[PDB]
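Pictured: 14-3-3 protein zeta/delta, co-complexed with salicylic acid.
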Amino acid sequence: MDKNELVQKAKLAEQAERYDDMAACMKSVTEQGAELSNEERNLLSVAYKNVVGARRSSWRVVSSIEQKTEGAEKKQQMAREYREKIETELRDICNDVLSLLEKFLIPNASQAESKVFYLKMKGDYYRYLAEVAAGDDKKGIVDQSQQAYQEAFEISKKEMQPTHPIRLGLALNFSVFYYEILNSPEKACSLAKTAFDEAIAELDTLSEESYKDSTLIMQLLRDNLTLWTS
Amino acid sequence: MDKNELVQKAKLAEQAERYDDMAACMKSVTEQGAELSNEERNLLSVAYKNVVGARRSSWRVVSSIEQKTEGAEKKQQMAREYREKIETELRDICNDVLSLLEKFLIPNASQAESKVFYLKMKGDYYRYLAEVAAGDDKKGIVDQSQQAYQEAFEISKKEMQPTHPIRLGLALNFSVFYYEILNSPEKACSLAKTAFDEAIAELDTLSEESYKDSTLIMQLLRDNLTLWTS
Amino acid sequence: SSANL
Amino acid sequence: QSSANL
Ligand SMILES: O=C(O)c1ccccc1O
């Protein structure tokens, strides 16, 4: 009943668009040590996506301003220091999520579905760290992202159907990682195309409860392919 | 920090949509004691509008949930305690703004334009307090809002042109106050209609620097009239 | 509906 | 930008 109250409070915070409150509720649920249900897993994922998402969006705006103010030394230095402040928040949020994944989520995942979901999530949060990392630190971070995505990729190919939304969502983010982080448009296109074509060949495997999610991800995979081959 | 530096940081925070940072910068500027420029005044106004705005929006969502929970006592209690937590934040923000207006902004306003601006702002933040107040203290809060708006209304009619965005914006919010706080649809309609008709009769007084703001407020005044007379 | 920034 | 998001 206590865990159920924290989950109800998280759902209230979601509706009120108070994502710091939502993330704090779901972090406390996770820290209780019990394996999360599909609903709890999704509430934790939505909460942190919005929390980290606000920083990634702010980072992109401030970086664009920093580039556009070349020539104006005072304006550019200010944009640089504000970008550094946003990066610190971003790193603190990513480290919070990655710590939850290492200590509770990945070790307790008893199903292929949840294990793939958390390893993809580990891949995503190291990728967000990689977007604002530099030097030696970056090489290690990028490596960690690739290793998490690779293990999730192998499990999904072995245990899930090609139309499974989690398998598809992983192929979408792993292809984004190759394009944006590793600067490999051909590997990114090959991954995305294979995932799309294998799902298209087995549309009979779609379920009524998840066909919308599956078809939406397939559309996103093909949108990326169109963009990357233009 | 330096005044011009704090203002530049506030403009960066605005673009990054980091309104807590924006408000903290502008609060520090105000506390330096010097009269704010038109730009500084607007940055302070935008910052706090967004800070308080997020709480007003969350309050409406949570109150609606609490009301639709009529029948489930424990679940209703959770939404009620969450609404109260949001109200506390909302009151703290309003009290912050109202304190800045009384101590620095209203006493140092050296022009009719800035005096009207700050008194409208005082009207607005007491109106936001009135939206979440009950019974006995509500009456005093409602009176403070009406008095601020009334003094701003008299100065604007005497010193500003009917198309002035500040005069129009004040008529828009004062009419909202009559409709939503005093439950007087006819006085709200009369105030909004007079403001719209007087601006329509003098469209030759529009300036290139503020015709966009003036015409947008005129559209909002007429939208309210249409809604309140339907 | 009040003032728009 | 087109990721899952996640
Ligand atoms: O449609 C309006 O409300 C309006 C407002 C300003 C000027 C001309 C207009 O038609």
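Residue numbering restarts at 1 for every chain, and letters A, B, ... go by the order of the sequence lines. In each ligand, atom 1 is the first atom listed, and ligand 1 is the first ligand listed. Looks like X-ray crystallography, 2.0 Å, at least that's what the header says.
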If you measure heavy-atom distances to salicylic acid, which other chains fall under 4.0 Å?
B
Which chain positions lie within 4.0 Å of salicylic acid by heavy-atom distance?
B:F196, B:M218, B:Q219, B:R222
Would one find an N or O of B:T215, backbone or side chain, under 3.5 Å from an N or O of salicylic acid?
no
Any idea which atoms of salicylic acid are less than 4.0 Å away from a heavy-atom of B:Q219?
2 (C), 3 (O), 5 (C)
Under 4.0 Å to a heavy atom of B:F196 - the qualifying atoms of salicylic acid, by number
3 (O), 5 (C)
Report which residue and atom the deposited model joins to salicylic acid by a covalent bond.
none
Top protein contact for atom 3 (O) of salicylic acid, by heavy-atom distance
B:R222 NE, 3.0 Å
Under a 4.0 angstrom heavy-atom cut-off, which atoms of salicylic acid come close to B:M218?
5 (C), 6 (C)
Measure the distance from atom 8 (C) of salicylic acid to every protein heavy atom, then report the residue, atom name and distance (to 0.1 Å) of the closest one.
B:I200 CD1, 4.4 Å
